[PDB]
Trainee: 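This entry shows ampicillin (open form) within the model.
Along the sequence shown, residues are numbered consecutively beginning with 1. For ligands, and for the atoms within them, numbers begin at 1 and follow the listed sequence. Quick check of the header: X-ray crystallography, 1.0 Å.
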Amino acid sequence: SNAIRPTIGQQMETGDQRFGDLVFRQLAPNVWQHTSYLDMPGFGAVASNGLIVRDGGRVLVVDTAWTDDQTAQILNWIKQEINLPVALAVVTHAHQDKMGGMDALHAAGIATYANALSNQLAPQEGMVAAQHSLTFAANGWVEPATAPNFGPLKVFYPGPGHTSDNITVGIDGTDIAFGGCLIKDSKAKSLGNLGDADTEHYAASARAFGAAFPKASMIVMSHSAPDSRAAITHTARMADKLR
Ligand SMILES: CC1(C)S[C@H]([C@H](NC(=O)[C@H](N)c2ccccc2)C(=O)O)N[C@H]1C(=O)O
Ligand SMILES: [Zn+2]
Ligand SMILES: [Zn+2]
């Protein structure tokens with residue numbers, strides 16, 4: 001198959017597997033990155049990344065693809081490659097790159113979770129809410145009763161940044177943590193779309209993510225390949241410029 005060469009988002013490199021319209025990359029024996037692409041007319045493709053985690057006899061998903069059809073392709077890939085049921089998905093804020101495929105998850109009977117605030121914003125953002133709401137303590141950690149049977153997914157709300165509702169997820173038992181759209185890579189020159197951002201609190205929120213997962217060495221994010229912790233520090237330094 002031909003390589004997909006997005007205008008925004010990482011390129012395909014060694015270890016990147018094309019499946020239909022999407023790309024998959026194994027990050028750890030039990031963790032894979034899913035990548036889907038939105039074609040913007042006149043601009044080209046924008047890649048967005050999420051995660052797939054095997055936890056024993058079940059699979060957990062972080063973020064949908066941009067669309068329902070792409071998200072059904074993620075479920076197809078899981079069926080072919082892993083052949084275990086998806087127990088739940090957690091989506092990391094109410095924008096299209098992270099929640100555009102909710103209906104595909106629901107059609108498949110998968111339990112969906114998002115920040116309560118994401119669910120409240122979804123109908124205002126042209127999204128369908130997740131079926132369950134996560135809530136958070138004053139220090140950002142998820143209230144465990146709201147995240148039942150999450151296995152290795154450790155959900156952390158770092159504060160407002162890219163959006164007010166953005167959440168992040170550490171993968172316990174690995175050195176991986178997922179920043180979603182809050183974190184950009186260590187070579188990025190921009191924080192991306194700031195239209196819904198909290199420019200005052202962004203730098204502290206980025207740093208809070210790093211402090212929540214202080215031994216995560218592989219930082220996964222929505223629009224770049226997995227990076228070092230310099231993604232966190234560089235994002236925070238860019239965000240310092242917003243104040
Ligand atoms: C990659 C993006 C610049 S766009 C994406 C998101 N936007 C969407 O999901 C929009 N529905 C969209 C509109 C036009 C073109 C592409 C995406 C956002 O506003 O954070 N996340 C941004 C980001 O992570 O900075
Ligand atoms: Zn967003
Ligand atoms: Zn994004």
Trainee: Which ligands, or which chains, stand for ampicillin (open form)?
Mentor: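 Short answer: ligand 1.
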Trainee: Help me with this one: what macromolecule has the most contacts with ampicillin (open form), named as in UniProt?
Mentor: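 Main partner, per contacts: Metallo-beta-lactamase type 2.
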Trainee: Extract the binding site of ampicillin (open form): heavy atoms, cut-off 4.0 Å.
Mentor: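 Counting heavy atoms, the site comprises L38, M40, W66, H95, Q96, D97, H162, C181, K184, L191, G192, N193, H223.
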Trainee: Among all protein heavy atoms, pick out the one at the shortest distance from atom 7 (N) of ampicillin (open form); state its residue, atom name and that distance to 0.1 Å.
Mentor: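 Going atom by atom, the protein heavy atom closest to atom 7 (N) of ampicillin (open form) ends up being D97 OD1, 4.7 Å.
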Trainee: Any protein heavy atom at under 4.0 Å, with atom 16 (C) of ampicillin (open form) as the reference point?
Mentor: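 Protein heavy atom within 4.0 Å of atom 16 (C) of ampicillin (open form): present.
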Trainee: Specify which UniProt substrate-site residues in chain A come within 4.0 Å of ampicillin (open form), measured from their heavy atoms.
Mentor: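 In chain A, UniProt binders with a non-hydrogen atom that close: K184, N193.
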Trainee: For ampicillin (open form), find out whether one of its N or O atoms is nearer than 3.5 Å to an N or O atom of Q96.
Mentor: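 Looking only at distances, the answer is yes, because the N/O contact criterion of under 3.5 Å is met.
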Trainee: Going by the atom numbers of ampicillin (open form), which of them fall below 4.0 Å from some non-hydrogen atom of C181?
Mentor: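 Listed by number with element: 24 (O).
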Trainee: In chain A, which residues that UniProt lists for Zn(2+) binding have any heavy atom less than 4.0 Å from ampicillin (open form)?
Mentor: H95, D97, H162, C181, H223
Trainee: Among the ligands and ions shown, which others have an atom less than 4.0 Å from ampicillin (open form)?
Mentor: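 Closer than 4.0 Å to ampicillin (open form) are ligand 2 (zinc ion), ligand 3 (zinc ion).
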Trainee: Where is the nearest protein heavy atom to atom 1 (C) of ampicillin (open form): which residue, which atom, and how far?
Mentor: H223 NE2, 3.2 Å
Trainee: Atom 4 (S) of ampicillin (open form): protein heavy atom closer than 4.0 Å?
Mentor: no
Trainee: Using a 4.0 Å cutoff against the non-hydrogen atoms of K184, which atoms of ampicillin (open form) qualify?
Mentor: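 Ampicillin (open form) atoms under the 4.0 Å threshold to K184: 23 (C), 24 (O), 25 (O).
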